[PDB]
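Here's 3C-like proteinase nsp5 with nirmatrelvir (bound form) bound to it.
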Protein chains: 2
Amino acid sequence: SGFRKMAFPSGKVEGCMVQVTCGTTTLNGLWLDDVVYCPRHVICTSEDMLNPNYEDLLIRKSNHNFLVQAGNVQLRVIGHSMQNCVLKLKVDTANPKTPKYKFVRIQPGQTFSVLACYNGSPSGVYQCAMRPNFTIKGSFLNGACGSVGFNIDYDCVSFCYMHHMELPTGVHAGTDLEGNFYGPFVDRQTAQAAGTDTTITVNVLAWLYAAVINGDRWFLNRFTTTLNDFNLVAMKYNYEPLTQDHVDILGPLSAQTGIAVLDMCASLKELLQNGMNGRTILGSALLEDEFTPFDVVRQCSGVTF
Amino acid sequence: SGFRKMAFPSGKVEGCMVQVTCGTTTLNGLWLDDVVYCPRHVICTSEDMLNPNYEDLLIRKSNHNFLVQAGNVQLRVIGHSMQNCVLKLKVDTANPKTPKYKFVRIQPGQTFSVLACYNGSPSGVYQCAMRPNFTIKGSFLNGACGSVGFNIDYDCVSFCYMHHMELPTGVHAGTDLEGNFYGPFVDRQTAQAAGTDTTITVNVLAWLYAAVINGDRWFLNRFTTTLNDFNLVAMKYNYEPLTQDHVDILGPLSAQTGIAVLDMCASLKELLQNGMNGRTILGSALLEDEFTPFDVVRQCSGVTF
Ligand SMILES: *C(=N)[C@H](C[C@@H]1CCNC1=O)NC(=O)[C@@H]1[C@@H]2[C@H](CN1C(=O)[C@@H](NC(=O)C(F)(F)F)C(C)(C)C)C2(C)C
Ligand SMILES: *C(=N)[C@H](C[C@@H]1CCNC1=O)NC(=O)[C@@H]1[C@@H]2[C@H](CN1C(=O)[C@@H](NC(=O)C(F)(F)F)C(C)(C)C)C2(C)C
């Protein structure tokens, strides 16, 4: 028993981190086989970042201008190209620690682990959700760019995020590993802001199931609701609409606990309308929305990699 | 910016996990050089666990009865001994992935990362504090025993915890890597309970400094207090006494922010007496006590390993 915010084991990703320096700008890169992936603004000076023409800046670079270091070993760069907001450096050595991997683009509401790195070296690992406004609530400093987010499935690392920038209120934005931003953001140092966020309803429901599994059942009421009636009530509280796809994904937790999804919805509705009356659920005084249904099943069933 | 509960990168520890089976009991072991460390109740049947005589049970075992698997490779056991509540299996192969390491016994209030494992394979990583009642608030299922807790310092893994058991209310107990339990617990399936816990005051103060660093400053008041007066007030709210050692360890955060420790204490005193008035600090509606001063400095300064 117990329920904690839990990251994937980071070792397979640690074996892929390198540092990339161009001029006096240094950030992190991801070394998979004989390619290093990193944010394209490694080619910018501080002044360039205010309004960069990345294509122009990259024209003026050649392979040898990129100093790629894997530990204290320099990796010779033998080619380069830009794909959207990511630079791809071909090196003459394939990474022997390359895991089985995929590049995926995740959906708002899905979670992933972040290996926060500086100068090619890992600092820590934490779990994040892609918010509905396409930011993540991360923890990043100067030099963190190129840190990646990922999920693991058995032996396969699915990379889904590369870190690029911090937005007002201390939230974070980046790209998939093809260099395409999540959300309407651009990699330029000019005023940008995320839109209003929303609460990930299906994840709150997943976490209420986690609570029941752990014996924290006080909030279960005796009622049911329709999906329509739930979504009308949830809308007022800035909860995203619960879809039938969401109901279907909650099925395994529903079947395990014997609580119908729409009965859980009736209990959540009462929590939204009435509050928690000073009580906690799984030790939290707020409803938690950064555990997916699969996160709950992995943790409570002991899925390994 | 941003502040998250953050674990150490787990790769160095992942390379040390194996599975240990004796009879039909399987749990995790830690393989360092040519020794595997694991909980001694691997030698118990379910019935033995109700009242085990470990010395007697181990007399009846020989080396070959221990099936140690590192992936799909069996490690031949060539010796064994018991040290307190840990079994040490000497194997004929040294682990080539052994990191620089130490065995340490940590103090209540200190934090560590847990790599939760099943059948020798990692499931996830999360951060925990050794509570003042010598339990941890973990997340563990059947088969998790032998999972370890650790801190990293540059290249050196300090192992501080091995998981053995779950106590009432879903909290957890275990040993250091010399097999000595934290707290008054024994590895026997008989009713045991932790004593009343207390809040780790120095960690709450550290986290309030983390909040100021991130710009969450609303709770700063205009007052100071004496250490004596603070500790009288904190006692009522089941906060542990703040010592001069604690004040000294908070020094770097105090100097960085320009807020004297005793001025922070005056702000915490007001939070304890008045509550948070429905507000959050770093997104939490409760005061958080599982970040140490060094945890705050590592995360906000980007310390790497
Ligand atoms: C990569 N190493 C950093 C990570 C930042 C630094 C502080 N916390 C982080 O996550 N990325 C940058 O510094 C990027 C980069 C130029 C400026 N930048 C920002 O993150 C800035 N944000 C914005 O300009 C805004 F608001 F649009 F997101 C900054 C004000 C420095 C936080 C480029 C090329 C976007
Ligand atoms: C190791 N694989 C398990 C981990 C447990 C299992 C459920 N969650 C966990 O953390 N350790 C055990 O099953 C140990 C073990 C016998 C019984 N045990 C317990 O954890 C039991 N707890 C107690 O007996 C109590 F309350 F004293 F802590 C159990 C009721 C199964 C949770 C031995 C040898 C102590």
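To find a chain's letter, count down the sequence lines: the first is A, the second B. Heads up, chain A uses the PDB entry numbers, so what you see runs 1-305. Using the numbering of the PDB entry, the residues shown for chain B are 1-305, in order. When a ligand or atom number is given, it counts from 1 through the structure's own listing order. Heavy atoms only: backbone and side chains are in, while hydrogens, waters and symmetry mates are out. Structure determined by X-ray crystallography, 1.6 Å.
Within the structure, the other chains placing a heavy atom under 4.0 Å from nirmatrelvir (bound form, ligand 1) are, by letter, A. The contact residues of nirmatrelvir (bound form, ligand 1), taking heavy atoms under 4.0 Å, are given as A/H41, A/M49, A/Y54, A/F140, A/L141, A/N142, A/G143, A/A144, A/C145, A/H163, A/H164, A/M165, A/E166, A/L167, A/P168, A/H172, A/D187, A/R188, A/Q189, A/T190, A/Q192.
At a 3.5 angstrom cut-off on N or O pairs, A/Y54 does not count as close to nirmatrelvir (bound form, ligand 1). Of the UniProt active-site residues in chain A, the closest to nirmatrelvir (bound form, ligand 1) by non-hydrogen distance (1 Å) is A/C145, 2 Å. Among the ligands and ions shown, no others lie under 4.0 Å from nirmatrelvir (bound form, ligand 1). Residues of chain A contacting nirmatrelvir (bound form, ligand 1) are concentrated in UniProt domain Peptidase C30. At the top of the distance list for atom 10 (O) of nirmatrelvir (bound form, ligand 1), counting protein heavy atoms only, stands A/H163 NE2, 2.8 Å.
Below 3.5 Å of separation, one finds an N or O of A/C145 facing an N or O of nirmatrelvir (bound form, ligand 1). Between A/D187 and nirmatrelvir (bound form, ligand 1), no N or O atom pair is found at a separation short of 3.5 Å. According to the deposit, the organism of chain A is Severe acute respiratory syndrome coronavirus 2.
In the deposited model, the covalent adduct of nirmatrelvir (bound form, ligand 1) forms at A/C145 SG.
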